[PDB]
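Drug present: nacubactam (bound form).
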There are 2 protein chains.
Amino acid sequence: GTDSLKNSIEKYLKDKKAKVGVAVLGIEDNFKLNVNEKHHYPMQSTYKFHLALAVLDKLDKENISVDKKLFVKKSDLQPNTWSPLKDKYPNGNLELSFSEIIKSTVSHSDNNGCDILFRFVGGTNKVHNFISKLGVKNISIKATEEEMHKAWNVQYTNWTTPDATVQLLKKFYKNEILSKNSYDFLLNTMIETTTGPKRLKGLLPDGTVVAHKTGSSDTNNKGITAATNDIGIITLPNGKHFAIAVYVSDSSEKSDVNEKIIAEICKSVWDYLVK
Amino acid sequence: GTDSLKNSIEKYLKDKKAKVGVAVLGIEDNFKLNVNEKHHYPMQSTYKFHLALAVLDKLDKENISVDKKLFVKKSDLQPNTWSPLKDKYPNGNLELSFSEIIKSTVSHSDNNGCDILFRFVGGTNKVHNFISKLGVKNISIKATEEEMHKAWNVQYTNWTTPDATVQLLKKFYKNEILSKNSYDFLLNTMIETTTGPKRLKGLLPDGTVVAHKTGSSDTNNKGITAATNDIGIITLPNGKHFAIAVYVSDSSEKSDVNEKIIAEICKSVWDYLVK
Ligand SMILES: *C(=O)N1C[C@H](NOS(=O)(=O)O)CC[C@H]1C(=O)NOCCN
Ligand SMILES: *C(=O)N1C[C@H](NOS(=O)(=O)O)CC[C@H]1C(=O)NOCCN
Ligand code: NA
Ligand code: NA
């Protein structure tokens, strides 16, 4: 039962030197599980999911095709950050579609793409309000990637509870947020995600569909990695779905262990739900 | 004359809110120019040039082909840093040649590749000593990319004078450091560099050969960008060469202006040397 799975997870976490937030919500059925869920966890790149929702909603509502192109200035592509876009287009100063920018932002976690889209959409407070007005409490979106890169503590202003994340993912999945078209596009993009292959996906059978979004922080001079996260919707072998979110925060563990925590917890929920 | 070029550069720098270090050394002739050269500038990624020298020297001396492969563990490919390798190989755990790793490290500034190679070569102190024993004073190599990412001030321990950089580049170029084979390989790799196209190269004629290596820091909460650098060897239209190094340090300027400083100073030296 849910209780026993939960006790298994808590016992697993006993000897891990990190503050680990877990939530699971069945999509089609009533399954629900929360562990350490009343803390505020730094989202890092996970909030590119939320940004993508606000962007596509804005494109939908204002009737703007995702094939329309922004001019991406050289200066939008900062060297001082994770950015496959910048490596693909080192000169910048070119026209890129919303589609290409979103795909790089979500599937490849582009930091520049993220901030290009915050600017397009009208800033962090626009996304913060958008998510809020969907009826999901306990998500704070306050800082761009550039803002977070300036100072360690800024990441903690972009925070969430893990149960708000899976409430949001479930709303998304049951297409309560977007048009059909934009829904399919974001969903595909999340399945096509290439980052964190040994996180949620790490110990599930080969080929399991995991539509997800990672996030990761740096480590400070005290050995603390603020955030090692993965959030997503996973397809069970009978075609049903669950939303899951895991936040490994303020960890003294090494990165292999931080990812393993996510993979093992996910594997434990998977095993329980398949039966 | 050299003096007047120098006064032009100093006058240019007058209204730039940054501490800018410049050195130029003719390769074949006696041209020499230094501006603010007695300060210690944070190298950032420029020190991947120095690392590559130590690596190739170690491969040369120990008779190890650059086509031999390291096993790159998942954990060598940290998500929390600029890394085209990691995006190309998200699962990690594969065999990569020294050649592929060096190319990504130098030409595409891979941070993971850098630290993989520090470990191969035997650590920062091995590279520090190697450079020292070449007869080039005033270069300090103390910290890996992972070490620098933990704390703001760590970058200042990897420091250089700009005239040590061009002394080093000149030694390299006149093939006083490596075997023929490893020389050609590093030189090609530096020409194939794709980063910072609007730095040294930014205002020179199209097609000018610039064998170079960039580096860039983050910006802190006070608006200071610690480092915006480019170092290289440039081919004049009569086939002669000059080494140049520019360090735009502790700048309150925006990134466009920081790069422009490098491009305009380089353009001024180019124009003087072509005549
Ligand atoms: C996201 O969390 N990012 C961007 C990128 N992707 O990582 S991942 O989403 O976990 O795969 C690199 C890590 C992180 C950063 O934003 N890293 O920058 C350091 C934080 N100031
Ligand atoms: C090098 O300076 N790097 C690595 C990468 N390349 O930039 S570039 O060499 O200027 O083109 C990104 C910037 C920089 C970093 O190491 N960035 O990380 C932040 C410093 N802790
Ligand atoms: Na931060
Ligand atoms: Na640093």
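In this entry the chain letters A, B, ... are assigned according to the order of the sequence lines. Following the PDB entry, chain A residues are numbered 12-286, in order. We number chain B the same way the PDB entry does; the residues here are 12-286, in that order. First listed ligand is number 1; within each ligand, the first listed atom is number 1.
- Put simply, copies of nacubactam (bound form) show up as ligands 1 and 2.
- The chain sharing the greatest contact count with nacubactam (bound form, ligand 1) is, according to the PDB entry, Beta-lactamase.
- Counting only non-hydrogen atoms, chains lying under 4.0 Å from nacubactam (bound form, ligand 1): A, B.
- At a 4.0 Å heavy-atom cut-off, nacubactam (bound form, ligand 1) touches A:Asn122 through the side chain alone.
- Contact analysis leaves B:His160 out of contact with nacubactam (bound form, ligand 1), as no non-hydrogen atom separation drops below 4.0 angstrom.
- At a heavy-atom cutoff of 4.0 Å, nacubactam (bound form, ligand 1) is contacted by no atom of A:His119, backbone or side chain.
- The nearest heavy-atom contact from the protein to atom 16 (O) of nacubactam (bound form, ligand 1) is A:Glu156 OE1, 3.0 Å.
- Under 4.0 angstrom from nacubactam (bound form, ligand 1), the non-hydrogen atoms of A:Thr225 come from both its backbone and its side chain.
- Counting only non-hydrogen atoms, the option in A:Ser120, A:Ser94, A:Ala162 that gets closest to atom 9 (O) of nacubactam (bound form, ligand 1) is A:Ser120.
- Looking at A:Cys125, A:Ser227, B:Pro101 and measuring to atom 14 (C) of nacubactam (bound form, ligand 1), the nearest heavy atom belongs to A:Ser227.
- For A:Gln166, no heavy-atom contact with nacubactam (bound form, ligand 1) is shorter than 4.0 Å.
- The structure places a covalent bond from nacubactam (bound form, ligand 1) onto A:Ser56 OG.
- Between the choices A:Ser56, A:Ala237, B:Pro90, the shortest heavy-atom distance to atom 13 (C) of nacubactam (bound form, ligand 1) belongs to B:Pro90.
- By chain and number, the binding site of nacubactam (bound form, ligand 1) (heavy atoms under 4.0 Å) reads A:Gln55, A:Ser56, A:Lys59, A:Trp93, A:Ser120, A:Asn122, A:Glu156, A:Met159, A:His160, A:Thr206, A:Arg210, A:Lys224, A:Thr225, A:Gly226, A:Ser227, A:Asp229, B:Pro90.
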